[PDB]
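Figure: structure with ciclosporin.
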Amino acid sequence: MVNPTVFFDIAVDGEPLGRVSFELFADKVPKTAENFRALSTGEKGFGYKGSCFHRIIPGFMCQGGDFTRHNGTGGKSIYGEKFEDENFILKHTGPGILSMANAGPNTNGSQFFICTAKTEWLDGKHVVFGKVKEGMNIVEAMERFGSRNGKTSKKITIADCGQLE
Amino acid sequence: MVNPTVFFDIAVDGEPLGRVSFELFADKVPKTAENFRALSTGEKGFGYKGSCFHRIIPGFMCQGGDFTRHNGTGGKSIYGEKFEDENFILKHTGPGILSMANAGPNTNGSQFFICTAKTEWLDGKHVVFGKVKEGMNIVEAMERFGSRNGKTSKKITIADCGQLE
Amino acid sequence: XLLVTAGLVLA
Amino acid sequence: XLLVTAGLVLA
Amino acid sequence: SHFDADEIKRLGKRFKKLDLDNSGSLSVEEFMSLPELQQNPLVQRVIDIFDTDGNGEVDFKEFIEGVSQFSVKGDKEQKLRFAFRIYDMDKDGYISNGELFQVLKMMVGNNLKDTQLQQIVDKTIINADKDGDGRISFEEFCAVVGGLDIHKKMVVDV
Amino acid sequence: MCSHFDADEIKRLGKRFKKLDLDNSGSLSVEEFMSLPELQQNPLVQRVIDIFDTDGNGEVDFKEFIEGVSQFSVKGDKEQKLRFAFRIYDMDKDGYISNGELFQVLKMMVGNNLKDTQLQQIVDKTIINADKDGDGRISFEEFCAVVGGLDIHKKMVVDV
Amino acid sequence: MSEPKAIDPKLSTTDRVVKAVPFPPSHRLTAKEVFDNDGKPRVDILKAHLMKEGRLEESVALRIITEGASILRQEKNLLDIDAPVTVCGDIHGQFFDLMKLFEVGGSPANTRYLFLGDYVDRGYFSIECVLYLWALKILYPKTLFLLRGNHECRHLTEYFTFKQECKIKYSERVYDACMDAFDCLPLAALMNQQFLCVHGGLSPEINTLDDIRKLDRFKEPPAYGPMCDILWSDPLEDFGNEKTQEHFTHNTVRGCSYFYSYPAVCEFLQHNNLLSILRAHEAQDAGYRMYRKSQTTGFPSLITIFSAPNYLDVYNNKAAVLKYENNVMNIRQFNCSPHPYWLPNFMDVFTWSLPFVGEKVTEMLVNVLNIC
Amino acid sequence: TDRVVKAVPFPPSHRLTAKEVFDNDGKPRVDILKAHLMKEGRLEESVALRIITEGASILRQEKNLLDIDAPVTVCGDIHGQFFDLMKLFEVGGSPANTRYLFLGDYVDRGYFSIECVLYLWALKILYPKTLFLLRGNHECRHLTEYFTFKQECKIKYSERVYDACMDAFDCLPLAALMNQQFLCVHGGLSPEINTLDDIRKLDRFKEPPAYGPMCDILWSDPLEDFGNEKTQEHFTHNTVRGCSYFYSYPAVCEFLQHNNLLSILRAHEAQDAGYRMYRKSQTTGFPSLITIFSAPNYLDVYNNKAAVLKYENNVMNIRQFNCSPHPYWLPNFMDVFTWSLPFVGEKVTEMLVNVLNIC
Ligand SMILES: [Ca+2]
Ligand SMILES: [Ca+2]
Ligand SMILES: [Ca+2]
Ligand SMILES: [Ca+2]
Ligand SMILES: [Ca+2]
Ligand SMILES: [Ca+2]
Ligand SMILES: [Ca+2]
Ligand SMILES: [Ca+2]
Ligand SMILES: [Fe+3]
Ligand SMILES: [Fe+3]
Ligand SMILES: [Zn+2]
Ligand SMILES: [Zn+2]
């Protein structure tokens with residue numbers, strides 16, 4: 001309706017690849033959208049500017065949003081802790097879907113994941129809060145730099161994050 | 001495919017109201033469907049025969065299958081314990097959906113519910129294993145004996161239960 | 001609310 | 001299998 | 001006063017089978033053996049009521065006195081006094097806002113949120129505490145749960 | 001001398017001990033640690049207390065507080081940082097991680113995200129694929145014969 | 001024999017586990033705290049108390065109910081209101097969501113209101129919703145307007161939780177007081193000479209606006225008839241897709257009253273020269289649902305406004321309020337707001353826990369004796 | 001011992017010898033091997049190499065295009081899922097009184113790939129003119145290096161047992177001629193393959209190239225619009241797989257007529273129902289293409305059923321079955337220590353740096 005949109009300018013080793021627009025669902029999930037939008041502007045000191053995409057699996061997703069450790073074990077929410085699973089209204093339609101990663105039930109942090117395939121097995125287990133609005137060609141490009149392991153050959157990073165409307 | 005069909009002969013204070021038959025989706029939920037079937041047959045020595053529907057909330061559902069306590073607190077499965085939530089392939093699409101009742105995650109016994117309307121909020125939380133084949137009229141007739149908290153005005157019992165075909 | 005539990009009935 | 005966890009990555 | 005040896009003999013045989021180290025005193029492991037006692041919320045609570053001396057372990061004199069409150073030939077006042085003790089953790093004859101919560105989180109678990117469980121624990125005390133002390137006595141407990149027939153279901157065969 | 005810290009390092013942590021001490025006893029309890037924001041949402045808090053106990057009494061005193069945080073300095077080594085990491089998987093300190101001990105420590109971290117039957121299966125196999133001698137438990141010789149290559153020790157560092 | 005002693009700082013706390021959450025006040029507000037010297041209610045002082053789940057004295061609670069019941073008495077069946085109005089749908093006892101609609105819709109000190117009914121039942125803070133709205137109606141007699149929903153009767157309030165709510169929080173005297181005050185609630189509302197606002201809908205026995213005026217209110221809603229249908233009638237599931245034309249059909253969903261179609265609505269709007277009919281009664285996902293627009297104007301012939309978000313704590317619906325000014329109909333939308341928990345049917349934790357406690361203990365002992 | 005969950009099976013320490021598996025005839029006892037492989041039991045490193053090589057030598061002497069005669073039970077992808085293979089043999093029939101045709105992909109994806117090789121190869125020795133095995137796209141090194149079969153072989157046995165499998169996988173036949181009516185491949189067609197004489201004169205015994213006739217046999221897929229061809233053209237590029245082509249309906253409905261074939265039986269693709277029958281060839285009224293998937297609940301995530309396809313007495317029977325329980329393994333077969341240490345290293349440091357927050 002009056003839903004906040006944010007961006008991600010992807011960088012392979014250092015050189016630009018393009019931006020990805022993200023429509024957040026403040027209408028369906030209020031708290032969870034603000035937890036992404038707050039770290040996308042970087043208005044709390046710590047943000048998505050200068051962040052790594054640790055796990056990237058082809059035909060699955062792009063896990064990122066870990067800055068306190070960059071290996072997958074870290075990250076912290078804007079609520080000064082780790083928040084609760086808001087609700088499981090939105091499902092994993094297919095490609096483009098942006099959902100919250102967790103360490104189990106009610107353990108939501110700063111870590112998220114962008115889907116490249118239909119991931120219905122994660123419904124009711126992960127909180128969906130956004131979809132790619134524009135720049136799906138850029139996501140399909142990030143995809144081919146991964147493996148079965150999740151390991152990134154050429155270190156994929158985010159270096160420019162902000163907000164649109 | 002070769003999915004079993006069980007029958008419930010309903011009885012208001014001894015007097016028959018009608019018969020409700022269910023299709024047990026053993027194709028999608030084999031462990032959960034075998035439970036209901038074997039309890040309807042009573043082959044294991046215990047089951048649904050004689051038990052009551054303690055909680056009927058008109059416009060919502062008809063809960064029953066507590067053959068050990070008859071109040072909601074009891075009930076046991078054919079697997080000794082209380083089995084795990086097999087899967088959540090099937091959703092609470094609408095009226096007629098037969099589903100399991102729990103005390104949270106992985107606590108499935110014998111107690112179940114028959115939806116009289118669509119209950120989407122139970123998706124991912126409760127296991128669906130069947131639907132009403134013939135006799136939705138009888139379940140609607142059972143509704144006329146309920147209340148808001150579920151306490152029945154007249155005692156509705158499963159006077160006879162078994163397997164068809 | 002509208003839940004189906006076995007022992008502690010919630011809202 | 002195919003999961004997205006933060007710390008203990010499962011099958 | 002005692003009971004009758006028919007039932008006490010049976011209790012004793014079952015007690016010896018439960019006694020792993022044959023000491024008499026059953027620990028946390030000596031109870032969390034059975035598959036129908038490990039994934040149950042109120043094991044720890046029933047252990048602490050059986051333990052009439054506070055040593056953290058149950059013996060024979062106590063195993064008798066505990067299942068005595070549950071025997072077929074029991075009474076209402078006797079059965080509800082146990083029900084009261086499930087919530088009354090520190091045995092002072094008064095249930096607190098913390099004791100009442102702890103016991104309920106043992107039961108409801110994660111199916112209710114902490115704030116939500118606390119709100120209904122606060123509200124039970126407001127409506128049930130007549131003397132205004134912030135805590136609940138046996139008299140204040142029975143004024144609530146006296147009308148219901150809970151005593152007819154707390155029966156076991158020996 | 002086998003200790004690590006010097007003058008201004010022990011003096012700075014002495015200012016941090018009186019603030020943590022609610023009752024000012026001189027010994028930090030577990031119910032004194034779990035009052036802080038980022039500690040009630042951490043699975044291994046009770047572990048960095050039981051291992052930080054040179055005596056074993058539930059309370060982490062100022063002698064054990066200086067000696068424990070000493071392995072977390074830039075002046076710590078390899079054979080030392082993995083020794084503390086070995087003592088995580090060992091709750092009773094007998095120097096041998098038994099079959100079911102590994103289970104308990106992992107459940108502390110994993111919980112109900114793995115089913116009961118699942119965790120035991122991978123444990124029984126981790127032991128069969130690493131226990132070279134065949135004792136039915138893993139020592140610090142065998143634990144190092146596995147993890148001493150992924151090098152997690154270069155990150156187990158805090159500041160004075 | 002004084003001598004100041006030394007106390008233990010670790011023993012200076014209370015047992016209460018979740019210290020952060022508020023404990024509802026023990027203080028009951030008096031007439032001196034609720035009412036002014038001119039007999040004006042202090043709504044901002046009331047809001048602040050009720051939001052913390054605080055009660056009023058049984059006597060002053062009755063004063064707010066009877067005083068507002070007396071103002072609703074002198075009002076007509078069909079009210080005469082005009083723009084700028086902010087129309088609201090069902091609230092269903094969701095107090096903390098009624099608090100949010102007053103932000104999105106504006107303060108009652110400068111904004112005109114029209115509630116289409118259903119203040120009670122389903123939500124567990126119904127007596128807080130009556131006590132606040134009635135208080136507003138005492139302070140703004142010609143600004144704030146309240147209608148009658150199908151739940152504002154003793155049939156539905158005795159089946160659902162409202163009677164129990166009053167009995168647990170106040171008393172049955174406040175219930176009886178609310179029941180007479182509910183009888184005094186107006187049925188319809190003619191807004192800006194263009195609109196007709198009711199709870200349910202039309203009736204086969206209501207043809208003109210003159211019919212509603214001659215109708216006898218001040219009673220418990222009947223099983224058949226006009227007053228019942230104003231409060232219970234739902235529009236036929238397919239509105240504009242009606243194959244076999246009929247006007248009113250038996251409402252199978254409700255179990256009483258009738259269903260109304262488009263040739264039944266566009267018929268009423270011409271014999272009365274009205275623009276549209278705004279109703280509530282049916283729960284909407286978007287908080288509203290604009291029906292088939294009459295091609296003679298282009299404006300929806302029906303609207304169905306629903307002001308209760310995340311209905312029954314589980315529907316996950318948005319709620320919508322309805323602002324109207326300068327020939328434009330503004331549909332504002334809002335989500336849920338936190339509200340305290342209550343156990344079903346206002347029961348205490350002892351009546352809720354004992355059946356499970358009785359069981360989990362019996363099965364600990366019957367599975368310790370029957371293992372040999 | 002300290003063993004908490006005692007009811008779960010403990011994998012047998014004992015690795016089976018040459019005497020226990022084999023006989024004096026040289027015939028392996030499949031039922032003695034089955035029950036052991038089901039308890040997660042391994043074999044003596046040399047007898048594991050003997051089951052492979054003896055069975056590889058039997059596949060070498062077999063030609064490029066096998067001539068299978070009815071009645072046969074056609075299977076698709078088994079994909080490591082061993083516990084789902086035991087169930088397949090039950091729905092389809094015992095290997096003694098039943099003829100089998102597997103279309104490929106026995107390895108990768110599922111964490112029991114080596115067991116699927118050892119049982120099928122043990123069955124290939126005992127029943128060479130009954131049990132027939134083909135080649136799927138995962139039977140190559142590049143897809144086992146990238147996926148989980150190399151990491152399986154290193155961990156369960158040695159990298160030399162992997163090189164035994166890799167040498168055996170090249171000896172695996174590409175296609176099968178089932179009852180002079182069916183062409184059986186893993187993926188499908190090739191534009192470089194017009195007739196059946198184009199499959200017979202191919203250099204197998206090599207690693208599948210990124211292009212070419214051998215690649216297209218194991219890698220090809222049908223168009224997602226197989227039937228509705230608004231955009232014609234026989235062979236388009238396969239965007240889903242990366243390499244190889246796509247085959248439309250008139251590309252199949254011309255290969256059939258040109259070689260007097262009834263239908264093509266393939267696998268390769270994941271099917272929800274366990275199979276899929278495509279547009280009927282309007283010459284016979286029989287589906288021009290049928291896909292068969294034998295891996296149920298593929299990757300323990302898609303809740304797909306698996307089907308087997310038995311052709312007996314001019315009737316094609318498609319029999320569906322569900323997932324059977326299996327033992328857990330962490331990804332890449334890593335041990336708990338390698339999986340849990342990175343979490344300990346932070347959940348101790350995020351505890352100690354948060355104890356210095358107070359002052
Ligand atoms: Ca003992
Ligand atoms: Ca004792
Ligand atoms: Ca107490
Ligand atoms: Ca008291
Ligand atoms: Ca202290
Ligand atoms: Ca100490
Ligand atoms: Ca040890
Ligand atoms: Ca060892
Ligand atoms: Fe309503
Ligand atoms: Fe495959
Ligand atoms: Zn209504
Ligand atoms: Zn394939």
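Throughout, protein chains are lettered first and strands after them, A, B, ... in sequence-line order, and every chain is numbered starting at 1. Below, all heavy atoms of this structure are taken into account, side chains as well, without hydrogens, waters or symmetry copies. Residues carrying modifications are folded back to their parent amino acid or marked X, and whatever atoms they have beyond that are not scored as contacts.
- In the structure shown, the parts corresponding to ciclosporin are chains A, B, C and D.
- Ranked by contacts, the top partner of ciclosporin (chains B and C) (the one with most) is named in UniProt as Protein phosphatase 3 catalytic subunit alpha.
- Other chains near ciclosporin (chains B and C) (heavy atoms under 4.5 Å), by letter: E, F, G, H.
- The UniProt active-site residue of chain G nearest to ciclosporin (chains B and C) (heavy atoms, to 1 Å) is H151(G), 9 Å.
- From the chains of ciclosporin (chains B and C), the highest tally of heavy-atom pairs under 4.5 Å with chain G goes to chain C.
- The PDB record for this entry identifies chain E as calcineurin B subunit isoform 1.
- The set of residues with a heavy atom less than 4.5 Å from ciclosporin (chains B and C) is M107(E), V108(E), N111(E), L112(E), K153(E), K115(F), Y159(G), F160(G), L312(G), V314(G), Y315(G), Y341(G), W342(G), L343(G), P344(G), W352(G), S353(G), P355(G), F356(G), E359(G), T362(G), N303(H), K305(H), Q320(H), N322(H).
- With a heavy-atom cut-off of 4.5 Å, the residues of ciclosporin (chains B and C) that touch chain G are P58(B), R69(B), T73(B), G74(B), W121(B), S147(B), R148(B), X1(C), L2(C), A6(C), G7(C), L8(C), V9(C), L10(C), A11(C).
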